[PDB]
Amino acid sequence: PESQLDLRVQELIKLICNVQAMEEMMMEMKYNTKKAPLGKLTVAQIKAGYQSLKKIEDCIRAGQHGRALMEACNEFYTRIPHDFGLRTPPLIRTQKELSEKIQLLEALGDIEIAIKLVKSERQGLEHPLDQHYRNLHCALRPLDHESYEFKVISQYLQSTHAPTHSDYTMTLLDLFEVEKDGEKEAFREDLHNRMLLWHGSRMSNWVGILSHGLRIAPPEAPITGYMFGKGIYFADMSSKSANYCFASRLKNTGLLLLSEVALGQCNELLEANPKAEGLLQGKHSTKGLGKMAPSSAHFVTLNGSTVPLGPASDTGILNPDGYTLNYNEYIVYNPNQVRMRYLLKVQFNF
Ligand SMILES: O=C(c1cc(Cc2n[nH]c(=O)c3ccccc23)ccc1F)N1CCN(C(=O)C2CC2)CC1
């Protein structure tokens, strides 16, 4: 039969459920899509991968950068097959190298969800796009370009583009209202400091993110791979999140998520600290302080959340003991402090 979805929702579904596009992104992360096919991805395989990354972290923390690290890394590479051709497999020793493999394990986890969704099939009663959309359990409502909502989020996106991210501009192609099943029932409405904040992710992750929500990293993952602990990270500057779309000149279409974030009492921090969650003791979120952020003067309100609009003003924060974050980032440690609201289809103009 024919599809009953809006044509804009149809395009969105085709975009995020493109398994072959997921194949391409993984091959660009030096992952072996043939020896270990994304159709044969198991939660247990990804689980063992996280555990291998933890053993690597143990070696780095212990200074054991010889045999032990070599064998630890080889265990990760055996559980998570890589395709380096004739290159020798590289040792994982810095935090950034650790984070890179966490991102890969995250994308594999969200591809596992997406492949399971697309593979669940009916026959000739519903259009395939309609069944994928139903299986999402997340309503996606196309908003009108001339509508008022398009106007406010466009200014949010353009006016919070950071000036140090000058290699690209962004054009808003389409706007969707998001209502994931159950998120509104779980949301901590009692908490104050509710803001509409950004979250960017690779194109492979959206099916998993929309269907399961933004989630807390598993216990077996190495804690040092998360600069402010195992939580859910947002920015008030659109481009800082948009960097995490990992769009390229050739794949210059990505998605940006806007979410209501029940920040409550922020535990404000200057530098990173993977153990930041233990330092909350009563407070509800971590705020990493940046030298630049939208000013309280331009803040507005949308559906009960503070939209930190306006051009970014100089904040005045400076870390004397070390690196100073260029822009804010907020971290909550429970998904019930997050309600997804808007999905932006964004063209990156490099
Ligand atoms: O939000 C994060 C996260 C993101 C990042 C990078 C990031 N990604 N995207 C952003 O918009 C952003 C904004 C400010 C600062 C960081 C970011 C780093 C550590 C993190 F724990 N998550 C970690 C991965 N997520 C998962 O659901 C996996 C399944 C456990 C989603 C929640």
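All residue numbers given for chain A refer to the PDB entry; the residues shown span 230-579 in order. Just follow the structure's listing: the first ligand is 1, and inside any ligand the first atom is 1.
- The drug assigned to ligand 1 in the PDB is olaparib.
- By contact count, the main macromolecule holding olaparib (ligand 1) here is known in the PDB entry as Poly [ADP-ribose] polymerase 2.
- In this structure, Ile331 falls outside the shell of residues with a heavy atom less than 4.0 angstrom from olaparib (ligand 1).
- Among protein heavy atoms, the minimum distance from atom 14 (C) of olaparib (ligand 1) is reached at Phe463 O, 3.6 Å.
- In this structure, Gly338 falls outside the shell of residues with a heavy atom less than 4.0 angstrom from olaparib (ligand 1).
- Per-residue contacts place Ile445 under 4.0 angstrom from the following atoms of olaparib (ligand 1) (heavy atoms of the residue considered): 30 (C).
- Of all protein heavy atoms, the one closest to atom 29 (C) of olaparib (ligand 1) is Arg444 NH2, 3.7 Å.
- Near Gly429, meaning under 4.0 Å from one of its heavy atoms, olaparib (ligand 1) places the atoms 8 (N), 9 (N), 10 (C), 11 (O).
- Lab note: most residues of chain A in contact with olaparib (ligand 1) fall in UniProt domain PARP catalytic.
- Taking atom 15 (C) of olaparib (ligand 1) as the reference point, the nearest protein heavy-atom neighbour is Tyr462 CB, 3.7 Å.
- Heavy atoms of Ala446 approach olaparib (ligand 1) to within less than 4.0 angstrom.
- Short contacts between olaparib (ligand 1) and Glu335, defined as distances under 4.0 Å to a heavy atom of the residue, involve ligand atoms 23 (C), 24 (C).
- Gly460 O, 3.7 Å is the protein heavy atom nearest to atom 2 (C) of olaparib (ligand 1).
- Using a 4.0 Å heavy-atom cut-off, the UniProt NAD(+)-binding residues of chain A near olaparib (ligand 1) come down to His428, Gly429, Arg444, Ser470.
- Each of the following atoms of olaparib (ligand 1) lies closer than 4.0 Å to a heavy atom of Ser470: 10 (C), 11 (O), 13 (C).
- Among all UniProt-designated active-site residues of chain A, the one at the smallest non-hydrogen distance from olaparib (ligand 1), rounded to 1 Å, is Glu558, 4 Å.
- Among protein heavy atoms, atom 8 (N) of olaparib (ligand 1) sits closest to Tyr473 CG, 3.4 Å.
- For olaparib (ligand 1), the atoms lying closer than 4.0 Å to a non-hydrogen atom of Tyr455 are 21 (F).
- Going by the entry, the organism behind chain A is Homo sapiens.
- Applying a heavy-atom cut-off of 4.0 Å to olaparib (ligand 1) picks out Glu335, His428, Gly429, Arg444, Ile445, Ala446, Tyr455, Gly460, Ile461, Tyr462, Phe463, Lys469, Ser470, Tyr473, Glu558.
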